[PDB]
Undergrad: 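Got a PDB entry here containing progesterone. Few questions.
Chain letters run A, B, ... following the sequence lines, proteins first and then strands; every chain starts at 1. Atom set for the values below is all heavy atoms of this structure, side chains included, hydrogens, waters and symmetry mates excluded. Just so you know, ligand 1 is whichever comes first in the structure, and atom 1 is the first atom listed for that ligand.
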Amino acid sequence: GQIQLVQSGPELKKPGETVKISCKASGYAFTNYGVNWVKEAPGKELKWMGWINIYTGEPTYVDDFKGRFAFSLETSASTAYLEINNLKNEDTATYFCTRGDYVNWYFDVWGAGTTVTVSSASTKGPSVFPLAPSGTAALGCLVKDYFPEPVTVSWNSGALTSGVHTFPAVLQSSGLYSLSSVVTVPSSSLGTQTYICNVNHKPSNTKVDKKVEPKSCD
Amino acid sequence: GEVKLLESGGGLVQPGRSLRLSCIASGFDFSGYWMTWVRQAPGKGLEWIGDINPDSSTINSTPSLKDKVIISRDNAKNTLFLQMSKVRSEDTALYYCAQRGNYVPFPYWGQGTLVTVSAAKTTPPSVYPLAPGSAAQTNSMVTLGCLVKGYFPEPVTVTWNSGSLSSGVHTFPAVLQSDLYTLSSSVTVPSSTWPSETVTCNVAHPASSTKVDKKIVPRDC
Amino acid sequence: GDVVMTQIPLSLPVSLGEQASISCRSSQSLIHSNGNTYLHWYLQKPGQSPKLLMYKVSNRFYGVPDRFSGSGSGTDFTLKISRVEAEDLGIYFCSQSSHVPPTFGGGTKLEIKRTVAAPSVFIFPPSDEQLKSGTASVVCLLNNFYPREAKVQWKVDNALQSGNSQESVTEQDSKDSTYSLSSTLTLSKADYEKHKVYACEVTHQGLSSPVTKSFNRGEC
Amino acid sequence: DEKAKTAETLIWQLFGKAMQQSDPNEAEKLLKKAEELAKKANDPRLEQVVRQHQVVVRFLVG
Amino acid sequence: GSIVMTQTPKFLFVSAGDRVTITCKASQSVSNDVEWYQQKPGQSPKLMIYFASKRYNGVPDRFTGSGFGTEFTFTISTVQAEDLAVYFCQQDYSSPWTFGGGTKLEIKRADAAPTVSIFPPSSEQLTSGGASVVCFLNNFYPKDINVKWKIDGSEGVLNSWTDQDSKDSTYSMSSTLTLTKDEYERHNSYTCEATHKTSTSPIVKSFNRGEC
Ligand SMILES: CC(=O)[C@H]1CC[C@H]2[C@@H]3CCC4=CC(=O)CC[C@]4(C)[C@H]3CC[C@]12C
């Protein structure tokens with residue numbers, strides 16, 4: 001079979017809790033390599049967390065990652081577990097489990113990565129407001145105050161796809177997210193074509209259809 | 001097919017008036033690339049005038065010409081327009097329209113049109129034959145010519161037998177004197193071809209819209 | 001302490017069909033005692049896990065195309081691509097294993113190069129529905145420009161604002177390779193109603209002068 | 001080569017035995033036996049593997 | 001302020017087969033946004049090099065471009081006969097976009113004597129009241145040359161020089177003498193005399209109005 005590592009899905013937690021991530025190996029002799037853990041923070045460098053040896057199970061950590069982190073093994077099921085206690089807001093990151101070799105010392109097989117997000121904000125639906133237009137005019141919809149990611153934005157139920165820009169979401173100070181979706185249309189068609197933006201946020205089960213019109217300056 | 005850019009609207013304009021130049025593009029998607037107007041003074045280096053984006057939202061122009069020129073485009077007819085107001089003698093030049101592409105800067109250039117700002121009056125050219133004397137028929141090659149005198153303004157196009165004769169033709173630059181231009185054009189042909197075959201010089205002056213065909217005839221001695 | 005890896009440059013614009021070069025520099029000697037130099041090069045594509053490209057300075061991992069080459073020694077190492085393709089875009093970074101613990105470089109991003117282009121600027125005021133909630137968001141949009149470096153400033157009655165505006169940037173376009181930027185300014189209702197004239201000022205390398213888009217509260 | 005694969009399996013087994021040992025002398029004896037087996041196999045790659053295993057074992061256990 | 005591009009050298013006199021180099025220098029960093037154009041006499045500019053190292057489609061391999069920062073170079077390994085032109089360097093790093101002064105390339109060759117022909121005024125110009133006597137000097141080198149008009153042996157003169165031919169690299173000159181009809185008819189002998197480097201004695205072409 002194809003040599004691979006499989007990791008669990010994303011994790012959302014609140015401060016003070018404990019999380020456990022699994023990494024299952026398939027396709028080779030599990031006891032002839034080493035299992036290394038790597039942490040990637042948003043906008044930072046990859047940082048080696050530590051490694052566990054299959055022969056004896058003794059883990060080795062860097063100085064920065066001692067105490068709150070734990071490595072464990074289940075050799076019969078060919079699984080490695082990473083346990084995190086006393087979560088903070090600085091632990092939101094993506095974790096990879098990778099295989100390390102004993103003869104050339106590289107990391108050749110990597111897992112898909114598990115995302116861990118810690119925040120004290122609760123689930124909330126989005127709010128949609130029209131950025132109204134006022135030979136080419138630009139308009140759009142602003143999505144504000146929703147948590148957590150992600151939301152899907154479509155125009156005319158997917159009928160319009162040319163020139164649509166959907167910017168990545170940014171975290172506000174209060175702990176909620178916001179984004180904007182814009183599109184440019186010919187000026188002559190503003191008074192004839194009905195433009196509707198559809199926003200879908202699955203975790204809150206919220207679907208909103210907002211109609212964008214030229215501002216009634218009259 | 002081949003990318004073609006064709007300018008029009010040039011010629012003579014009196015000082016203080018307004019000028020409108022057009023440039024038609026064909027052979028590519030006109031609504032996808034930036035379009036640029038550039039100019040060159042006679043005998044000098046190139047100077048950049050400005051450019052415009054596909055949907056006429058942003059226009060870049062040289063700071064020294066920001067208040068004098070207006071650029072526009074029409075994707076319906078594949079056309080680009082330049083308008084200038086209160087032109088002076090310093091604007092006598094040759095204008096090119098160029099395409100500005102995404103991955104190549106200025107890959108295609110037009111032919112360019114000549115703009116002359118002067119207070120003189122248009123005068124049709126005078127075309128005279130230049131036949132060799134009786135003592136100039138002793139060589140295997142013989143030279144004939146046509147003299148274009150007393151025209152204004154530039155340019156005039158001189159061809160020999162509607163462009164069939166292209167080798168051995170020298171066309172000297174015109175000389176300006178008393179607000180009138182004068183030039184001569186010479187052609188060297190084998191002595192066995194003339195006067196057996198007809199040689200005719202065609203002179204075209206678009207500014208005065210005058211086309212003259214003058215046959216080279218041996219001197220009536 | 002830990003060996004520090006510095007990579008040059010941070011962003012590398014290259015065109016398809018040409019050669020590219022990336023430099024990695026360590027803080028100290030990477031030559032191990034037994035004689036081998038453990039410097040490795042990894043590549044990561046958007047939305048995927050990193051994949052090994054080169055191991056031990058100049059060897060090539062199985063499956064890697066022959067156009068990748070590596071060289072260097074001491075504390076200077078270099079990776080060279082003879083003919084870039086569409087699938088070689090991503091983030092490349094070096095790593096060492098000669099001194100505990102292994103460390104990773106900052107990463108160099110490869111992107112397509114094209115000509116300069118100025119942005120188109122638009123400004124959107126706050127709607128009435130948001131104003132009924134007690135907040136006001138003003139949006140400034142820069143459309144289809146290149147390169148990535150542009151500066152946006154917010155002026156409220158000719159006073160420069162600071163510390164309440166957030167920016168967002170899209171990825172490079174797949175058809176003509178341009179960007180787009182959005183700047184949002186957030187105000188409370190009282191502060192929004194204390195002033196009249198709002199302006200967004202844009203400075204870009206492809207524009208001869210800064211561009212100001214402004215409006216007045218309550219007007220049209 | 002079947003003999004090379006068998007020798008490689010034996011070398012890896014000896015390395016595993018050495019990794020979980022408490023007396024460095026026993027690990028040294030096991031590594032010497034592995035080196036002798038590699039020499040009998042007449043393969044430079046096996047000798048390289050044994051040399052690397054010696055370094056790793058001496059670092060981790062010693 | 002506008003970025004100033006200085007290009008050297010202004011003139012180049014090289015023989016066929018040699019190698020030439022042109023240097024374009026900026027007043028401040030322009031990264032690698034430099035393009036090199038070639039313009040032949042009387043035609044549109046043609047793009048040769050873009051992005052300071054890349055070669056445009058159809059360009060022969062003997063043209064190379066290099067440089068970075070504030071200095072760039074344009075190199076021709078083997079100059080041919082049809083490479084006579086004017087070359088420009090342009091930057092588009094920051095608006096406004098500025099062009100260099102341009103280098104004019106000229107070709108040397110062996111010295112050649114001129115061919116001299118003379119033409120009396122035509123009948124129609126005489127009917128119009130004027131008289132133009134023309135003297136054509138074709139295919140000589142180098143450009144330096146002296147032309148003298150002699151009416152009845154006694155020494156309204158306009159001189160025109162063509163651009164260097166791109167095939168055989170020679171210069172041709174037209175000398176025009178403009179007079180009134182009466183002045184032309186008051187004299188018979190007219191002589192065009194050429195003094196050139198290729199000879200120590202002037203080439204004399206003479207005609208008489210009475211003769212035809
Ligand atoms: C098998 C494995 O995962 C490899 C990857 C990185 C390797 C380590 C890299 C650093 C190192 C250097 C040495 O000289 C001793 C062995 C060690 C400590 C290596 C032991 C084996 C490791 C942990």
Undergrad: State which chain has the largest number of heavy-atom pairs within 4.5 Å of progesterone (ligand 1), named as in the PDB entry.
TA: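 Its main partner is DB3 Fab Heavy chain.
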Undergrad: Name every other chain with any non-hydrogen atom less than 4.0 Å from progesterone (ligand 1).
TA: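 Other chains under 4.0 Å (heavy atoms): A, C, D.
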Undergrad: What would you say the binding site of progesterone (ligand 1) is, if we count heavy atoms under 4.0 Å?
TA: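 The heavy-atom site around progesterone (ligand 1) is A/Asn36, A/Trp51, A/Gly100, A/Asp101, A/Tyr102, A/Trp105, C/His32, C/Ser97, C/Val100, D/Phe59.
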Undergrad: Just wondering, what label does the entry put on chain C?
TA: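 The entry uses the name DB3 Fab Light Chain.
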Undergrad: Looking at the deposited structure, to which atom of which residue is there a covalent bond from progesterone (ligand 1)?
TA: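 Covalent bond: none modeled.
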